> 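For discussion: a PDB structure holding diminazene.
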Amino acid sequence: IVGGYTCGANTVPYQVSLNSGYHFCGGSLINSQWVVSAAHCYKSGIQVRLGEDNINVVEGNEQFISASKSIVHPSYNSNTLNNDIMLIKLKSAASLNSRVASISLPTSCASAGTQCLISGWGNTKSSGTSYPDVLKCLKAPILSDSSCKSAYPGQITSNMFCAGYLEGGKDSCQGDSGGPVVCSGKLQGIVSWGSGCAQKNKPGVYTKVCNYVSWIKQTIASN
Ligand SMILES: N=C(N)c1ccc(/N=N/Nc2ccc(C(=N)N)cc2)cc1
Ligand SMILES: [Ca+2]
């Protein structure tokens with residue numbers, strides 16, 4: 001997260017770190033056994049780390065639970081990042097309390113202008129590289145589809161939305177991928193892609209979760 005702020009330990013209780021020896025992507029816990037992340041975060045041997053703040057220090061609220069299965073969206077296209085969503089099932093149910101909590105799926109798509117919270121342990125620099133150890137947060141509005149499409153001609157599908165700031169300076173970034181965009185207490189987005197980070201007229205592009213709720217629910221129901 002570039003231009004964000006330190007969330008505060010366990011203030012984003014649904015935020016998970018996907019760990020394969022190191023943090024490589026975010027995710028969002030959507031029930032005790034399931035995490036939603038970006039399909040481009042797919043890899044085998046994922047350990048889901050819940051209850052994280054400092055991902056480099058055991059601070060006492062962590063739950064580390066290996067994935068038992070990952071399900072990449074049936075229509076995920078890695079070239080276009082269309083349908084950049086994947087479900088990860090935990091081998092065991094996370095223990096849910098205030099510091100580790102699922103985030104509600106949307107019942108409706110959020111509109112442009114809705115303020116959201118984007119979070120992650122990704123790079124905090126738009127130029128160069130610095131990875132935070134504690135969870136970073138960014139309040140960012142969903143941008144209009146028109147501004148999104150204008151920013152990224154020929155790339156924004158109906159399964160994507162832009163959020164952030166056209167002026168740049170504030171954005172998610174590498175290492176935030178897969179993580180949440182939560183708006184009014186609903187998971188509306190998944191950190192998906194963008195050109196660089198926090199670049200002018202290159203806002204973050206997010207998987208439009210509301211399109212996937214049916215798939216998520218039915219997948220969970222049968223897996
Ligand atoms: N909001 C942003 N600017 C932004 C946020 C996260 C981000 N990270 N994406 N990283 C990323 C890495 C690999 C792939 C792939 N295998 N195709 C896709 C995306 C890139 C840009
Ligand atoms: Ca930790």
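Here, residue 1 is the first one in the sequence, and each next residue gets the next number. Below, each value reflects all heavy atoms present in this structure, side chains not excepted, and no hydrogens, waters or symmetry copies. All ligand and atom numbering here is 1-based and tracks the order in the structure.
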> Which numbered ligands or lettered chains belong to diminazene?
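All copies together: ligand 1.
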> Which protein or nucleic acid chain has the most heavy atoms near diminazene (ligand 1), under its name in the PDB entry?
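The largest contact count goes to Cationic trypsin.
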> Which residues in other chains are near diminazene (ligand 1), meaning a non-hydrogen atom under 4.0 Å away?
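Sure - by heavy atoms, that gives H40, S78, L81, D171, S172, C173, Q174, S177, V191, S192, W193, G194, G196, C197, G204.
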> What protein heavy atom sits nearest atom 20 (C) of diminazene (ligand 1), and how far off is it?
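I find the closest protein heavy atom is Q174 NE2, 3.3 Å.
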> Provide the number and element of each atom of diminazene (ligand 1) under 4.0 Å from a heavy atom of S192.
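With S192 as reference, the close atoms of diminazene (ligand 1) come out as 9 (N), 19 (C).
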> Which residue and atom name correspond to the protein heavy atom nearest atom 15 (C) of diminazene (ligand 1), and how close is it?
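The closest heavy atom on the protein side is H40 CB, 3.9 Å.
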> Specify the organism recorded in the entry for chain A.
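Source per PDB: Bos taurus.
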> Examine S195 against diminazene (ligand 1) and note whether any of their N/O atoms are separated by less than 3.5 Å.
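Min N/O separation from diminazene (ligand 1) is not below 3.5 Å for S195.
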> Quick check on contacts: which atoms of diminazene (ligand 1) are under 4.0 angstrom from a heavy atom of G196?
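Result: 2 (C), 3 (N), 4 (C), 21 (C).
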> Which residue in chain A carrying a UniProt active-site annotation is nearest to diminazene (ligand 1), and how far away is it by heavy atoms, to 1 Å?
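Going by UniProt and non-hydrogen distances, it's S177, 3 Å.
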> What atoms of diminazene (ligand 1) come within less than 4.0 Å of a heavy atom belonging to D171?
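The atoms of diminazene (ligand 1) under 4.0 Å from a heavy atom of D171 are 1 (N), 2 (C), 3 (N).
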> Within the structure, does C197 bring an N/O atom to less than 3.5 angstrom of an N/O atom in diminazene (ligand 1)?
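No, no N or O pair falls under 3.5 Å.
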> Measure the distance from atom 2 (C) of diminazene (ligand 1) to every protein heavy atom, then report the residue, atom name and distance (to 0.1 Å) of the closest one.
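Result for atom 2 (C) of diminazene (ligand 1): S172 O, 3.1 Å.
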> Hey, is diminazene (ligand 1) close enough to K202 that some N/O pair sits below 3.5 Å?
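No, there is no polar N/O contact under 3.5 Å.
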> Could you list which atoms of diminazene (ligand 1) come closer than 4.0 Å to a heavy atom of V191?
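Listed by number with element, the hits are 5 (C), 6 (C).
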> Which residue owns the protein heavy atom closest to atom 10 (N) of diminazene (ligand 1), what's the atom, and how far is it?
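The protein heavy atom lying closest is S177 OG, 3.3 Å.
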> Which atoms of diminazene (ligand 1) are found less than 4.0 Å from any heavy atom of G194?
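Per the distance check, 2 (C), 3 (N), 4 (C), 20 (C), 21 (C).
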> Would you know which UniProt domain in chain A holds the bulk of residues touching diminazene (ligand 1)?
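For diminazene (ligand 1), the UniProt domain is Peptidase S1.
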> Help me out: which residues of chain A, per UniProt substrate-binding annotation, have heavy atoms under 4.0 Å from diminazene (ligand 1)?
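The UniProt-listed residues with a non-hydrogen atom that close: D171, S172, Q174, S177.
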> Is there a covalent bond from diminazene (ligand 1) in this model? If yes, I'd love the residue and atom.
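There is no covalent bond to a chain.
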> Give every pair formed by an N or O atom of diminazene (ligand 1) and a protein N or O atom closer than 3.5 Å, one pair per line with both atom names and the distance to 0.1 Å, or write none.
| unit_1 | atom_1 | unit_2 | atom_2 | d |
| --- | --- | --- | --- | --- |
| diminazene (ligand 1) | 1 (N) | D171 | OD1 | 2.7 |
| diminazene (ligand 1) | 1 (N) | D171 | OD2 | 3.4 |
| diminazene (ligand 1) | 1 (N) | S172 | O | 3.1 |
| diminazene (ligand 1) | 1 (N) | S172 | OG | 2.9 |
| diminazene (ligand 1) | 3 (N) | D171 | OD2 | 2.8 |
| diminazene (ligand 1) | 3 (N) | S172 | O | 3.4 |
| diminazene (ligand 1) | 3 (N) | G196 | O | 2.8 |
| diminazene (ligand 1) | 8 (N) | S177 | OG | 2.9 |
| diminazene (ligand 1) | 9 (N) | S177 | OG | 3.0 |
| diminazene (ligand 1) | 10 (N) | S177 | OG | 3.3 |

